[PDB]
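Quick look: trimethoprim on dihydrofolate reductase.
For the single chain, residues carry numbers from 1 onward in sequence order. Both counts, for ligands and for their atoms, begin at 1 and track the order of listing. Heavy atoms only: backbone and side chains are in, while hydrogens, waters and symmetry mates are out.
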Amino acid sequence: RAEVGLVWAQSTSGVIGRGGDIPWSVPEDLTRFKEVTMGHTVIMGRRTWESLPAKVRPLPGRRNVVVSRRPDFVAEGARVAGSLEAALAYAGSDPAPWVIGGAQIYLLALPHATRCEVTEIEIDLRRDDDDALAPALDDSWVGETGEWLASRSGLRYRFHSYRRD
Ligand SMILES: NC(=O)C1=CN([C@@H]2O[C@H](COP(=O)(O)OP(=O)(O)OC[C@H]3O[C@@H](n4cnc5c(N)ncnc54)[C@H](OP(=O)(O)O)[C@@H]3O)[C@@H](O)[C@H]2O)C=CC1
Ligand SMILES: COc1cc(Cc2cnc(N)nc2N)cc(OC)c1OC
């Protein structure tokens with residue numbers, strides 16, 4: 001088995017996206033994200049692809065895979081996959097492909113997943129109807145939660161690192 005991983009950043013309340021963007025500034029999260037995903041396949045939903053600045057995509061040093069129901073969708077510098085099953089196939093021999101968002105794609109991949117790396121951001125965001133939300137993890141997941149750390153931005157964050165099987 002490839003060890004299928006999910007990686008995301010959420011507010012304590014579970015928001016991951018608002019108005020198409022990440023609704024906070026925590027540089028340290030992007031560092032952790034890169035440190036987690038470098039050298040691996042990164043699988044993402046079409047909307048997440050379009051949320052990435054055009055100048056920042058595809059993510060360098062990683063095989064980019066975009067999931068869309070449209071067989072003719074084009075993602076320059078990425079492979080387009082018609083299902084999470086097809087995306088995982090494209091990861092080939094990668095021992096640890098990572099699913100990197102967003103909300104709909106996390107729900108799709110969750111049944112396949114054996115690792116989650118979650119950054120929690122201490123910011124008071126009240127869930128709105130149009131927010132993208134993190135999936136809820138049940139207690140079949142085990143691992144560790146680090147201490148709260150001060151970001152350069154003045155917010156606190158911490159890492160959660162879970163596995164199952
Ligand atoms: N805080 C964080 O860690 C992160 C936050 N984000 C945020 O999350 C938000 C995006 O999340 P979300 O809106 O849910 O969108 P997603 O990024 O999950 O992509 C949704 C798209 O995936 C495709 N898709 C969904 N299900 C299937 C399926 N079963 N088979 C084939 N294709 C499928 C569809 O594309 P199509 O319509 O083209 O067919 C759909 O529109 C953005 O705001 C982004 O900024 C993103 C990544 C990380
Ligand atoms: C490298 O920059 C981005 C990375 C991500 C995805 C992402 C970001 N952080 C974490 N912890 N997990 C993720 N999947 C999402 C982004 O925007 C939606 C990014 O652009 C700022």
Query raised in the report: For trimethoprim, what are all the matching ligand numbers or chain letters?
Result: ligand 2
Query raised in the report: How far is atom 15 (C) of trimethoprim (ligand 2) from its nearest protein heavy atom, and which residue and atom name does that atom have?
Result: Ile22 CD1, 3.8 Å
Query raised in the report: Within less than 4.0 angstrom of trimethoprim (ligand 2), does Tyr157 place any heavy atom?
Result: no
Query - Protein heavy atom at shortest distance from atom 13 (C) of trimethoprim (ligand 2) - result: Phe33 CD1, 3.4 Å
Requested in this report: Write down the organism the PDB entry assigns to chain A.
Outcome: Mycobacterium avium
Report task. Using distance alone, determine whether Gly101 and trimethoprim (ligand 2) share an N or O pair under 3.5 Å. Result -> no
Report task. Measure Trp98 to trimethoprim (ligand 2) on non-hydrogen atoms and call it side chain, backbone, both or neither using the 4.0 Å cut-off. Result -> neither
Query raised in the report: Identify the closest protein heavy atom to atom 19 (C) of trimethoprim (ligand 2): which residue and atom is it, and at what distance?
Result: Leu52 CD2, 3.6 Å
Query raised in the report: At a 4.0 Å cut-off, with the gap strictly under it, does some heavy atom of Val7 reach an atom of trimethoprim (ligand 2)?
Result: yes
Report task. Go through trimethoprim (ligand 2) atom by atom and flag the ones less than 4.0 Å from a non-hydrogen atom of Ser51. Result -> 18 (C)
Query raised in the report: So which heavy atom in the protein is nearest atom 2 (O) of trimethoprim (ligand 2), and how far is it from that ligand atom?
Result: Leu30 CD2, 3.8 Å
Query raised in the report: At what distance is the nearest protein heavy atom to atom 9 (N) of trimethoprim (ligand 2), and which residue and atom is it?
Result: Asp29 OD2, 2.8 Å
Query - For trimethoprim (ligand 2), the portion of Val36 having any non-hydrogen atom under 4.0 Å away - result: neither
Query raised in the report: At a 4.0 Å threshold, what atoms of trimethoprim (ligand 2) neighbour a non-hydrogen atom of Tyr106?
Result: 14 (N)
Requested in this report: Show which residues surround trimethoprim (ligand 2) within 4.0 Å on heavy-atom distance.
Outcome: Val7, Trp8, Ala9, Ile22, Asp29, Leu30, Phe33, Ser51, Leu52, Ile100, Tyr106, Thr119
